[PDB]
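Structure first, commentary second.
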Amino acid sequence: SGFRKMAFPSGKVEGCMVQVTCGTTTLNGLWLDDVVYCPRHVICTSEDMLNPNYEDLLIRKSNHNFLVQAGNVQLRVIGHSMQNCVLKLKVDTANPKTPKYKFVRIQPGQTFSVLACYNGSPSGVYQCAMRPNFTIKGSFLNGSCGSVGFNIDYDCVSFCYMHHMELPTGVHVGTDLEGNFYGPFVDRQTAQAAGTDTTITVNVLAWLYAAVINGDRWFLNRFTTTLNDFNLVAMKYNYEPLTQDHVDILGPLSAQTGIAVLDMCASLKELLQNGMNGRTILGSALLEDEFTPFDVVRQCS
Amino acid sequence: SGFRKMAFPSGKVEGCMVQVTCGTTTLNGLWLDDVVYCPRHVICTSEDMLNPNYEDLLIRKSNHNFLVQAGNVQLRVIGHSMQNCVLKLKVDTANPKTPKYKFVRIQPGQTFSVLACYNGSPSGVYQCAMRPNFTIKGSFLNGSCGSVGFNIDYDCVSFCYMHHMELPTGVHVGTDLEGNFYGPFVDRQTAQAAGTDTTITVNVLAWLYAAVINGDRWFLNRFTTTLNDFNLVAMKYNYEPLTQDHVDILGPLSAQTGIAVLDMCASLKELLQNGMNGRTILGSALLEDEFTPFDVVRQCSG
Ligand SMILES: *C(=N)[C@H](C[C@@H]1CCNC1=O)NC(=O)[C@@H]1[C@@H]2[C@H](CN1C(=O)[C@@H](NC(=O)C(F)(F)F)C(C)(C)C)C2(C)C
Ligand SMILES: *C(=N)[C@H](C[C@@H]1CCNC1=O)NC(=O)[C@@H]1[C@@H]2[C@H](CN1C(=O)[C@@H](NC(=O)C(F)(F)F)C(C)(C)C)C2(C)C
């Protein structure tokens, strides 16, 4: 029993972290085979960040302007190219700790583990949901850029995120491992806003199932709902509409507890219309939307 | 910015996790140098667990009755011994992935990272606080026994916890790496209760500093209080009394924010007296006590 926000073990990702310096800007790089991946803004001075022309900045940099360090050993850069908002530095040595890996683009609502790093040294590990407005609610300080988000399938590391900036609201933004930003963001020090955020409905349902598995039953009843009626109500509370694909993804949790998905939808509709009446669910006073059905299945089975 | 429940990177501990099997019971072991540490109930059947006489069960086991597997590498058990609730299995090979380490016994209020394992394989990492009643609010399924808790100081792993059992309330209990239970529990399948729990006051104050650092200032007021006046209110709401040692540990956060500890105590006193009125702090509708002053400084400065 118990239900906790849990990250994947970070070991295979720790063996890939390196320190990348260019002039007086130092950030983290991801060393996979003989290529180190990092945010391209490592080539910027504090001034350049206001309105950079990255092509003009990169032209002024030679391979010897990049100082890459793996622990205490310097890795010689023998080639360099820019792919969207990431820099790829070809190095003279292939990382012997390179695990099996793939680069993936995650979808809104999906979760990943973040290995927060400083000067190429892993510092912490936590779990994030990619918000519907393409922001994450992380914990990042100066020098944390180049820190990566990932998931693990048995022995394969799927890299889905690299950290680049923090928005005015305090939320965080970054790219996939091909340098393409998630969301309408640019790597420039200018005021940028994210869209209005919405609650991940399928994730709240997954969390209501984790609660029933753990013994919380006060919010259950024999009422039901059509998918359309639930959607008409949920969208008044800024919740995303539930689709058949979402219902299908909740199937294994529904089977495990014996509670039909549309019955849990009726309980959620009631929780939104009535509030929690001074009660808690899994020791929480708010409904939680940062656990996917997969996160609940992995912890409750 | 940001304040998240953060675990230590687990790689150093992942390299020490092994599968230990004795008969039909299988759980996790911690492989450091030529020794494997694991809960002693690995020598029990399900029936034995109801009322075990560990000494009579241990006497029936030989070195070859313990199957230890590191990945696919089978290790050879060349010695065995019981120390309190832990079994030590001497093996014929020193773990080359053994990090620099030490075994500590943590105090109530302190936090640690848990690497949850099943069949000797790491599954997930999370952060727990040792409650004042010596329980932890973890997440553990069958076969998780042997999973360990720890902290990391630069390159040295301080192992402080080994997982053994779950209480009827759904909370978790276990031992230090010497086999000594944290709390008044025994490794036997019989109804056992923990003491009444209390709120870790110093951790609530640390988390209030984390909130101000992050922009949350609505709860700040222009009042101050004394240590004694705060403690009269604390005892009424089942909060631990604040000591000078705890005030001294809040010093760095106090210096970073420019808010005196007794100015933050006045905000806490008002949150307890008036309640939170449905408002949130750091995205929480309830006061959080599972972050130490050390977890806050580590995350909000460096
Ligand atoms: C990477 N090392 C940092 C991570 C930041 C530092 C504070 N917390 C974080 O997550 N990245 C940056 O400093 C980037 C970098 C220039 C400025 N910047 C920002 O994150 C700024 N944000 C923005 O300009 C905004 F709002 F658009 F996201 C900052 C105000 C410093 C937080 C460049 C090249 C974008
Ligand atoms: C070790 N792999 C499990 C971990 C348990 C499984 C469910 N959640 C956990 O943390 N430990 C056990 O199975 C131990 C073990 C026998 C029974 N047991 C228990 O945890 C039971 N609890 C108790 O007996 C109690 F209340 F006293 F703590 C159980 C009811 C199965 C949860 C022994 C030898 C204590």
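Convention: sequence-line order gives letters A, B, ...; per-chain numbering from 1. Just so you know, ligand 1 is whichever comes first in the structure, and atom 1 is the first atom listed for that ligand. This deposition comes from X-ray crystallography, 1.9 Å.
The drug at ligand 2 is nirmatrelvir (bound form). Of the chains near nirmatrelvir (bound form, ligand 2), the one making the most contacts is recorded in UniProt as 3C-like proteinase nsp5. Every other chain with a heavy atom under 4.0 Å from nirmatrelvir (bound form, ligand 2) is listed here: B. Contact atoms of nirmatrelvir (bound form, ligand 2) toward B:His172: 10 (O) (distance under 4.0 Å to a heavy atom of the residue).
The backbone of B:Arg188, and not its side chain, has at least one atom closer than 4.0 Å to an atom of nirmatrelvir (bound form, ligand 2) (non-hydrogen atoms only; backbone = N, CA, C, O).
Residue contacts with nirmatrelvir (bound form, ligand 2): B:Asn142 is placed with no nitrogen or oxygen under 3.5 Å of a nitrogen or oxygen of the ligand (distance criterion only).
Among protein heavy atoms, atom 10 (O) of nirmatrelvir (bound form, ligand 2) sits closest to B:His163 NE2, 2.7 Å.
Inside a 4.0 Å radius of atom 30 (C) of nirmatrelvir (bound form, ligand 2) there is not any protein heavy atom. Residues of chain B near nirmatrelvir (bound form, ligand 2) cluster mainly in the UniProt domain Peptidase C30. Residue-ligand proximity, B:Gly143 to nirmatrelvir (bound form, ligand 2), at heavy-atom distances under 4.0 Å covers atoms 2 (N).
Those atoms of nirmatrelvir (bound form, ligand 2) with a heavy atom of B:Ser144 less than 4.0 angstrom away are 2 (N), 4 (C). On a distance-only criterion, B:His164 and nirmatrelvir (bound form, ligand 2) share at least one N/O pair closer than 3.5 Å. The PDB entry lists the organism for chain B as Severe acute respiratory syndrome coronavirus 2.
When only non-hydrogen protein atoms are considered, atom 35 (C) of nirmatrelvir (bound form, ligand 2) lies nearest to B:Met165 SD, 3.4 Å. If you check which protein heavy atom lies closest to atom 9 (C) of nirmatrelvir (bound form, ligand 2), you get B:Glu166 CB, 3.6 Å. By the 4.0 Å heavy-atom criterion, B:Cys44 is excluded from the residues contacting nirmatrelvir (bound form, ligand 2). For atom 13 (O) of nirmatrelvir (bound form, ligand 2), the nearest protein heavy atom lies 4.0 Å or farther away.
Here the heavy atom of the protein found nearest to atom 27 (F) of nirmatrelvir (bound form, ligand 2) is B:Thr190 O, 2.9 Å.
For atom 16 (C) of nirmatrelvir (bound form, ligand 2), the nearest non-hydrogen atom of the protein is B:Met49 SD, 3.8 Å.
Among all non-hydrogen protein atoms, the one lying nearest atom 17 (C) of nirmatrelvir (bound form, ligand 2) is B:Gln189 OE1, 3.6 Å. B:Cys145 SG, 1.8 Å is the protein heavy atom nearest to atom 1 (C) of nirmatrelvir (bound form, ligand 2).
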